[PDB]
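Encoded as structure tokens, the structure appears first; notes follow it.
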Amino acid sequence: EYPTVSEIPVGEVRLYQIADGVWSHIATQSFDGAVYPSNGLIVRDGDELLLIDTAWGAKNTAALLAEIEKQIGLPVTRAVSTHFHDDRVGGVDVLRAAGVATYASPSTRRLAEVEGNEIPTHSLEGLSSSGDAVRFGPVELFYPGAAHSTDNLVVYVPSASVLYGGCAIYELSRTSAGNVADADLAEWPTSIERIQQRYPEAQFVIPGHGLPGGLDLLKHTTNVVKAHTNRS
Ligand SMILES: C[C@H](CS)C(=O)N1CCC[C@H]1C(=O)O
Ligand SMILES: [Zn+2]
Ligand SMILES: [Zn+2]
Ligand SMILES: [Zn+2]
């Protein structure tokens, strides 16, 4: 029942209810002639909504806000970008123009600026050291260490036992490494083990791209990362 590319036209976003007060958003974009899905998260925060990640670009993110407005009808007051890439901060200007307070760690804000990407306005302190966690309303933000990127954060919704791994966690169907240009291949397995150690009770695990699963997605990603590391 989870939305895949065939169900999402160009420029549109679908929402998927994972648990009470927790949804994923799914959008698509083309890269080198192939179509990729991308996931973000929506977490109910009292009578407001916390958004995790843009929908990968200004068009998709405008569609994201319209679909949230249409389907949930609660204001998106804060957004957190979980790393500096365009599927996470692309669309931050649309969020900002719509009154959403956009947040990212200083590490992500720094890397986004270097890359010429959009820059969330607010800074999330307390996340610069591997193993650091901070509460952000209905979620915990966790910096597990460098993996897919040096700044990647994961998000845990304790009320629903939902772990959102972002692009540091691969879906099961991905059996070879994706974009590792900004990755720390040497530290990625150790970072995944920090996630496993902190959230062993997680019931739902959302990769940045593709189908949700359980905690097996962590070991899966480690397997794929180690196989890529040993490419000969
Ligand atoms: C925009 C995302 C950020 S994790 C990305 O790097 N992608 C998504 C498509 C494949 C790969 C690439 O561009 O190389
Ligand atoms: Zn990325
Ligand atoms: Zn990604
Ligand atoms: Zn696997």
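Shown for chain A, in order and in the PDB entry numbering: 32-263. Counting convention: from 1, in listed order, for ligands and their atoms alike.
- The chain in largest contact with ligand 1 bears the name, in the PDB entry, of Metallo-beta-lactamase VIM-20.
- The name given to the drug at ligand 1 is L-captopril.
- Protein heavy atom at the shortest distance from atom 11 (C) of L-captopril (ligand 1) is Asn210 CB, 4.0 Å.
- Scanning out to just under 4.0 Å from L-captopril (ligand 1) turns up other ligands and ions: ligand 2 (zinc ion), ligand 3 (zinc ion).
- Atom numbering of L-captopril (ligand 1) starts at 1 in the shown order; those under 4.0 Å from a heavy atom of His179 are 4 (S).
- The source organism recorded in the entry for chain A is Enterobacter cloacae.
- Counting only heavy atoms, the protein gets under 4.0 Å from atom 6 (O) of L-captopril (ligand 1).
- Every N/O-N/O distance between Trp87 and L-captopril (ligand 1) stays at or above 3.5 Å.
- Closest protein heavy atom to atom 12 (C) of L-captopril (ligand 1): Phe62 CE2, 3.7 Å.
- Considering only non-hydrogen protein atoms, atom 2 (C) of L-captopril (ligand 1) sits nearest to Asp118 OD2, 3.6 Å.
- Around L-captopril (ligand 1), within 4.0 Å by heavy-atom distance, are found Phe62, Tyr67, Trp87, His116, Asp118, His179, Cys198, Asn210, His240.
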